[PDB]
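See below for the structure under consideration.
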Amino acid sequence: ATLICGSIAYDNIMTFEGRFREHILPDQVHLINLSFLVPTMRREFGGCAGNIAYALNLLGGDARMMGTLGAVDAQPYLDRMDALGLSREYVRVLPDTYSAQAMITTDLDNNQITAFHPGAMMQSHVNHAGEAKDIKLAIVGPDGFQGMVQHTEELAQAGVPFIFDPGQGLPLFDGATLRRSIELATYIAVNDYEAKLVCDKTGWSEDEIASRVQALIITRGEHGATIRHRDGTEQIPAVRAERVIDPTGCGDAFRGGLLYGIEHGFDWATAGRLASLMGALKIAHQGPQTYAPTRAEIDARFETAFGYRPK
Amino acid sequence: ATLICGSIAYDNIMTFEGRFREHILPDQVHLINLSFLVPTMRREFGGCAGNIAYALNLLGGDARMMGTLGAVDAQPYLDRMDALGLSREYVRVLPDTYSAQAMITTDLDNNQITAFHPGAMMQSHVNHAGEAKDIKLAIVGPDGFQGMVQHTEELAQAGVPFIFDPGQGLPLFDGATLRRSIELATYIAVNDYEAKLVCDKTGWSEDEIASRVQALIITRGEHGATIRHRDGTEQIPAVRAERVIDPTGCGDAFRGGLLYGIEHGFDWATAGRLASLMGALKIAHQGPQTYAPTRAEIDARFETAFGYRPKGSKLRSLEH
Ligand SMILES: Nc1ncnc2c1ncn2[C@@H]1O[C@H](COP(=O)(O)OP(=O)(O)O)[C@@H](O)[C@H]1O
Ligand SMILES: Nc1ncnc2c1ncn2[C@@H]1O[C@H](COP(=O)(O)OP(=O)(O)O)[C@@H](O)[C@H]1O
Ligand SMILES: NC(=O)c1ncn([C@@H]2O[C@H](CO)[C@@H](O)[C@H]2O)c1O
Ligand SMILES: NC(=O)c1ncn([C@@H]2O[C@H](CO)[C@@H](O)[C@H]2O)c1O
Ligand code: NA
Ligand code: NA
């Protein structure tokens, strides 16, 4: 199975149908004022572990989410996991606690400015990755700080290959803790903005990071992604989206495709392309888990986009 | 009585403790990513009409809010208006509807990115400003677009002097409706970002806008403001804030002080300084309306900041 460690959250996403870049005026005192009209609030199922597991499950992989929810309002998510066939083995529900909630203000370029209400996520460390069983691959995504570090240490001690995915949790790390996490990790995945923040906080160049992992995966929105190794790089093209509606969750859809490819022994070019396709499927729908292709549809779309079938 | 036309809303304010300028990376495909901790969601009383009226009410003015609320969740705001002595005369409540809700992300530089769910605000044009009685002064601020345009037409035709504050409503305007609104307006009040957008959309220079109103007022955050009128330009200083907690609503607090000064025949220098003071008292507290200086405290702080007592002139004051 693949262990997916990270936040499990309800999202309130406000997507500007536009680009904040077109609205910044650095020569004025105020850089940006923008008010945009949105529809009625829809609470979405989200969280990085929710999102990555949803994607891996769409592909037919065996996704085991490890994260904490709050008993006050966990039930709709637990019912959804059961409906989707997502194991709740490592989903811990904490009495008298609220689930994490994200208020995400964003645009069509995935410039997410998020106000996060952590709730139960603050106690995510009560789950220990070292207590999970029969795990062949893992990811450690944004979560409570203690939990992220503890998951990294326990997976490394067991020798389980894992992607370190610090994402929104990057502020929680200092240089020394970030360096150690990258030394421990088998792979690191970040978007291009976060990759710059990781280089600044560690002091390492991208080449130096690539000397300390099997792969440094940097996603670049509409421009695709790069997969960097100590001895070469794969450029992964984007798939043209059917429509660009909401990029929130694109990286997590991408990580679920990547995880499936690594588990199934795809080469990096092919694992990266599957990941890219999942990101393009996601962006065509509002909310991180609204896209719902069947496995047959994903296979067809991969052939259409890339001119071959994986293996 | 001063008619305050604009949104009436509940605000959810998410304060980034920093400056967006320090986190923009234009060379990346993602310009900015932030994720910051916030406490439990708490709705604050907001909307431009609520904020401006609250400021005018703190000064002892007679503020008449004109706007729409939704019955499902209007009651806390109605009860608050009653507690404060704000007339509900022109506050219309729509059945089976939610009130406007703003989800506002701020930084410390007073940058705002707001997702706005209009709710009852979509029907703001059901109130007609030209029908309000014995109004001596008005402001038209951000609101449902049809309401904003309608209020401007009606106030101009009734001959009521009014400030035009397109504010966050600017995206809804085109050049033609924006130029028309400015032609009709007695004064325009904007922050500098908005002032740039007005010049861009109208095709007018600040000079050209200034020629079509009695005063063009441009606020510049902690740098203060300018008031351009017939005879000159007032450079209005900021008042040093006791602390900076939340800039949301600083321009509205400023507009309340400006409206009080215009009503009472303050000179522009003095009306501007009162407005500037209200902006500073507001930023020291979370929410657009939680600052609650007594009227004596306002006068004492004006004296400390500026060295004189803020007074007006009956001859220059407004009558209905
Ligand atoms: N506009 C887009 N068109 C097509 N695919 C996209 C687009 N935006 C993102 N994707 C796919 O999703 C991946 C992850 O998106 P990105 O925005 O980099 O991630 P994150 O969500 O972590 O910021 C991209 O590498 C790309 O494959
Ligand atoms: N940091 C500050 N310190 C002191 N006064 C401030 C500060 N920020 C704003 N103000 C006062 O509030 C007024 C309006 O703020 P501004 O940010 O221009 O408006 P808006 O809220 O409309 O964007 C300023 O002209 C100033 O008088
Ligand atoms: N941990 C954090 O600070 C954080 N901020 C946003 N998120 C989640 O990030 C996902 C988007 O990639 C959303 O579903 C959110 O719930 C987070 O986990
Ligand atoms: N009309 C709009 O698009 C809009 N956007 C924000 N606001 C209000 O603007 C006030 C701050 O000036 C807040 O209290 C918000 O309710 C608005 O009225
Ligand atoms: Na490593
Ligand atoms: Na005019």
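Order of sequence lines = order of chain letters (A, B, ...). The numbering of chain A matches the PDB entry: 2-312, in order. Here chain B follows the PDB entry for its numbers: 2-321, in order, are the residues you see. In listed order, ligands and their atoms are each counted from 1.
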| said: Just wondering, what drug is modeled at ligand 4? | reply: mizoribine
| request: Find the chain in most contact with mizoribine (ligand 4) and give its name from the PDB entry. | output: Ribokinase, putative
| task | Identify the other chains in heavy-atom contact with mizoribine (ligand 4) at a 4.0 Å cut-off. | result | A, B
| query | Looking only at distance, does B:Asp253 have an N or O less than 3.5 Å from an N or O of mizoribine (ligand 4)? | reply | yes
| request: For atom 10 (C) of mizoribine (ligand 4), grab the closest protein heavy atom and report residue, atom and distance to one decimal in Å. | output: B:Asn52 ND2, 3.6 Å
| task | Using a strict cut-off of 4.0 Å, indicate which atoms of mizoribine (ligand 4) neighbour a heavy atom of A:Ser36. | result | 2 (C), 3 (O), 4 (C), 5 (N)
| For atom 1 (N) of mizoribine (ligand 4), closest protein heavy-atom neighbour | B:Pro143 CB, 3.8 Å
| said: If the cut-off is 4.0 Å to any non-hydrogen atom of B:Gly47, which atoms of mizoribine (ligand 4) fall inside it? | reply: 14 (O)
| task | Identify, for atom 17 (C) of mizoribine (ligand 4), the protein heavy atom at the shortest distance, and state residue, atom and that distance. | result | B:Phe117 CE1, 3.4 Å
| request: Provide, to 0.1 Å, the distance between atom 9 (O) of mizoribine (ligand 4) and the closest protein heavy atom, together with that atom's residue and name. | output: B:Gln169 NE2, 3.2 Å
| Hey, does B:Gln113 come in under 3.5 Å of mizoribine (ligand 4), counting only N/O atoms on both sides? | no
| Atoms in mizoribine (ligand 4) with a heavy atom of B:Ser8 nearer than 4.0 Å | 17 (C), 18 (O)
| Which residue and heavy atom of the protein sit nearest atom 8 (C) of mizoribine (ligand 4), plus the separation | B:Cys49 SG, 3.8 Å
| task | Write out the residue and atom name of the closest protein heavy atom to atom 13 (C) of mizoribine (ligand 4), then the distance separating them to 0.1 Å. | result | B:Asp12 OD2, 3.3 Å
| query | Are any of the N or O atoms of B:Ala10 closer than 3.5 Å to those of mizoribine (ligand 4)? | reply | no
